[PDB]
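Drug trimethoprim bound to macromolecule Dihydrofolate reductase type 5.
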Protein chains: 2
Amino acid sequence: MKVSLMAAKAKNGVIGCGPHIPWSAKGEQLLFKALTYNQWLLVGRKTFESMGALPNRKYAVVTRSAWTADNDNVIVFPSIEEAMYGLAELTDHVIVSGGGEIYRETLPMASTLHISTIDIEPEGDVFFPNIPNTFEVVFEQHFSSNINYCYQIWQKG
Amino acid sequence: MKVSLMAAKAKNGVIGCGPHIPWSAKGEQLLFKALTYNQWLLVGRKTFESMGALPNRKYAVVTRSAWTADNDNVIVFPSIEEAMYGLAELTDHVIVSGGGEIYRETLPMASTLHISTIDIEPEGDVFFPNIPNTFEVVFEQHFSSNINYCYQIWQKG
Ligand SMILES: COc1cc(Cc2cnc(N)nc2N)cc(OC)c1OC
Ligand SMILES: COc1cc(Cc2cnc(N)nc2N)cc(OC)c1OC
């Protein structure tokens, strides 16, 4: 199965200040809605709880705890390893859609990054990992909004 | 300024049966909405009338008549050269968003294509031109829907 990764980070690499995103870049989330439509996503438990489920997406949620989910559209996995083995029988394609921890543990398995950088440098204590130079930008487009943002697609070369 | 082009075509190349699109693929238009967000779009006058202005988007519309719009978000030009010269004072980027005529006229200026191919072969007045080998696919993603669709980004090689 193909592993993609989709994130939005500030220019200082912040993705998270506790359970919040410390910015609202009007329009950016349309990109996430476009590329996740009828896809399978892999999310950490904290990101899943803070951001909720959208319709027309399936979720693999990883926890080390006894946490569970009423949603029929969700499968809980005890590890990333297990989620990958599971997903591989359920889909051609999974989009890793966050957690700091999840991004750190999955970035090496990804063949395509969808990265949005927001024109702000806010307070924060979760950070996107460093992008290995095995990856190259193949597409980029700037957006003007309340806070500008840059969308880039990276492929593993 | 960089010229992109964004289109959605059936597998047989149909983009239009008169002023309608002969199909509705749930999900696909999210990609159009996310990539045109707060961008300048170049549209022919026929497409503009049949499909209407969207909010949060700027329009360069070309006519060979004295046709005009009812919208301070719209600039009418008598030619594509005039539209380009005018836009270049306002923006580093324009997305050509159709007409069959417009696509044919502008494909030679475009350095990035955003092409959605819908899994259907309907009847069609209007067709997307053939993609010259001057361009190469740099990204691709498949979507399952009521009608499946494939999204590809082509760059000028
Ligand atoms: C996993 O849950 C969501 C996460 C995000 C964050 C996010 C926002 N933008 C981009 N490009 N990638 C992301 N991962 C955004 C969301 O909706 C806009 C989510 O709703 C399901
Ligand atoms: C020119 O305005 C629109 C055009 C289209 C057709 C279209 C649909 N999908 C893609 N990817 N590109 C397109 N050009 C679709 C639209 O709405 C979903 C438009 O907004 C009114």
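Labels below follow one simple rule: chain letters A, B, ... track the order of the sequence lines, proteins then strands, and each chain is numbered from 1. Quick note: numbers below take in every heavy atom, side chains included, and nothing from hydrogens, waters or symmetry partners. Indexing begins at 1, ligand by ligand and atom by atom, following the structure's order.
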Trimethoprim - ligand or chain assignment: ligands 1 and 2
I'd love to know which other chains sit under 4.0 Å from trimethoprim (ligand 1), counting non-hydrogen atoms. A
In chain A, which UniProt domain contains the majority of residues contacting trimethoprim (ligand 1)? dhfr
Looking at trimethoprim (ligand 1), are any other ligands or ions under 4.0 Å away? none
Trimethoprim (ligand 1): binding-site residues, heavy-atom cut-off 4.0 Å: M6(A), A7(A), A8(A), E28(A), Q29(A), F32(A), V43(A), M51(A), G52(A), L54(A), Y59(A), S97(A), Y103(A)
